[PDB]
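Drug present: imatinib.
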Amino acid sequence: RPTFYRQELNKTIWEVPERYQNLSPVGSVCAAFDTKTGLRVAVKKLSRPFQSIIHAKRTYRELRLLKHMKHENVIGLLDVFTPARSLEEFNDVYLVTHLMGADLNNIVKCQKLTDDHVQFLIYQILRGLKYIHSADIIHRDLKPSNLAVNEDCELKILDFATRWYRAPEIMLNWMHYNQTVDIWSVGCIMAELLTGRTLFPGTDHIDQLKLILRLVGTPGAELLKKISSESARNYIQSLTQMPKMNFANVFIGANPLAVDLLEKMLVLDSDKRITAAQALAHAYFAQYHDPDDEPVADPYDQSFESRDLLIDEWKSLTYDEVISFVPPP
Ligand SMILES: Cc1ccc(NC(=O)c2ccc(CN3CCN(C)CC3)cc2)cc1Nc1nccc(-c2cccnc2)n1
Ligand SMILES: CCCCCCCCO[C@@H]1O[C@H](CO)[C@@H](O)[C@H](O)[C@H]1O
């Protein structure tokens, strides 16, 4: 067991192994210098991990999730620790990842992208997503500030305005969503990268749905067939502004294939939305698409998700996960 040390930061007690030095708060996440490796790291101290049942499950969910992600386009776990010598002391959890230089927002402000940047950047997201999706994990909150990019235009997916990127079925509250909610988002992100501006800058969610509907159009028979509620079906029709544009005239100076890919991602009907795996093979990624370098996830046991347990059991589960962690090489 390493030796620990205490520090008060922006009115909060951080205690970490001395391995991590020079903590400085970026937002409760500090940047720190991992002296084992000389690399800058990010340290998250989970707020009130075991305060309620809901908190306890999320603590656990995030640990499991971080312990599973092992792909170059997705954030991974360097370290997890607790200053606690035992289960009974266990009340803090800290997670460690690579520190990130920039997110997609920063890249946006700082340089105007080549077509070739947009291809390489979206390619990485999709390759990340084919790996998340293959584990039956749905991101749900893809947006530029959750995409980290280094100096070589390499990208990692993480999770820390969200709605600009949300699939419309989420904003119309179905209890059941599939993985292609994440593809809606990728298309919102791509569009932004090519156009320089936000595709649906909605003041509120109904504003969002309106902008969506005038660009992609009102749903086909085939999709109206799948909506059970008359109220829903009426409400949707109730938009209802100046018609399905052109789409292609919103992106006029862009690469014809980019625009084609975007047409297959920004499909109202999530049954018809292109998947990450299919999107990988779309001609717009001809420069990067390598079929033998696009791996899928190991089996991932999320039977815990359906489970309703006591704080202490969630706290115990989380403790086993902490104790059994194996650092990467
Ligand atoms: C230190 C840490 C601990 C945990 C996480 N967690 C995650 O990144 C994550 C990734 C994917 C998911 C996927 N997921 C599936 C289900 N749902 C609903 C969404 C979540 C969730 C959390 C990130 C980090 N890293 C992190 N977080 C925020 C900011 C920074 C950071 C800040 C500044 C400079 N460099 C890095 N670094
Ligand atoms: C206002 C524009 C939004 C129209 C409704 C979005 C259509 C979303 O698509 C729907 O996704 C569901 C969610 O899992 C699936 O069950 C349905 O099969 C699919 O058609």
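Sequence positions for chain A are given in the PDB entry numbering; the residues included correspond to 5-31, 37-169, 184-352, in order. So this one's X-ray crystallography, 2.5 Å, going by the header. Just so you know, ligand 1 is whichever comes first in the structure, and atom 1 is the first atom listed for that ligand. We use all heavy atoms of the structure for the numbers below, so side chains are in, but hydrogens, waters and symmetry mates are not.
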Every copy considered, what are the ligand or chain positions of imatinib? ligand 1
Name in UniProt of the chain with the most heavy-atom contacts to imatinib? Mitogen-activated protein kinase 14
Part of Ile84 within contact of imatinib (heavy atoms, under 4.0 Å): side chain
Under a 4.0 angstrom heavy-atom cut-off, which atoms of imatinib come close to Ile146? 15 (C)
Between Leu75 and imatinib, which part of the residue brings a heavy atom under 4.0 Å of the ligand: side chain, backbone, both or neither? side chain
In terms of heavy-atom distance rounded to 1 Å, which UniProt active-site residue of chain A is nearest imatinib, and what is the value? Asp168, 3 Å
So is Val105 close enough to imatinib, meaning a heavy atom under 4.0 angstrom away? no
I keep wondering which UniProt domain of chain A most residues near imatinib fall into. Any thoughts? Protein kinase
For chain A, which organism does the PDB list? Homo sapiens
Consider every N or O of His107 and every N or O of imatinib, then say whether any pair is closer than 3.5 Å. no
Please classify the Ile147 to imatinib contact at 4.0 Å (heavy-atom distances, strictly less than): side chain, backbone, both or neither. backbone
From the options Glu71, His77, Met109, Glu328, select the one whose nearest heavy atom is closest to atom 36 (C) of imatinib. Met109
Using a 4.0 Å heavy-atom threshold (strictly under), name the region of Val30 that reaches imatinib: side chain, backbone, both or neither. side chain
Within a distance under 4.0 Å of any heavy atom of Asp150, pick out the atoms of imatinib and give their elements. 19 (C)
Okay, next thing: residues with a heavy atom within 4.0 Å of imatinib - which are they? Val30, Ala51, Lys53, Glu71, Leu74, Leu75, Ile84, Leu104, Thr106, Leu108, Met109, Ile146, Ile147, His148, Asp150, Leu167, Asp168, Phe169
Pairwise, report which nitrogen or oxygen atoms of imatinib are under 3.5 angstrom from protein nitrogen or oxygen atoms, and how far apart they are.
from: imatinib; atom 1: 6 (N); to: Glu71; atom 2: OE2; distance (Å): 2.8
from: imatinib; atom 1: 8 (O); to: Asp168; atom 2: N; distance (Å): 3.1
from: imatinib; atom 1: 8 (O); to: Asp168; atom 2: O; distance (Å): 3.1
from: imatinib; atom 1: 17 (N); to: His148; atom 2: O; distance (Å): 3.4
from: imatinib; atom 1: 25 (N); to: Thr106; atom 2: OG1; distance (Å): 3.0
from: imatinib; atom 1: 35 (N); to: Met109; atom 2: N; distance (Å): 2.6
from: imatinib; atom 1: 35 (N); to: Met109; atom 2: O; distance (Å): 3.2

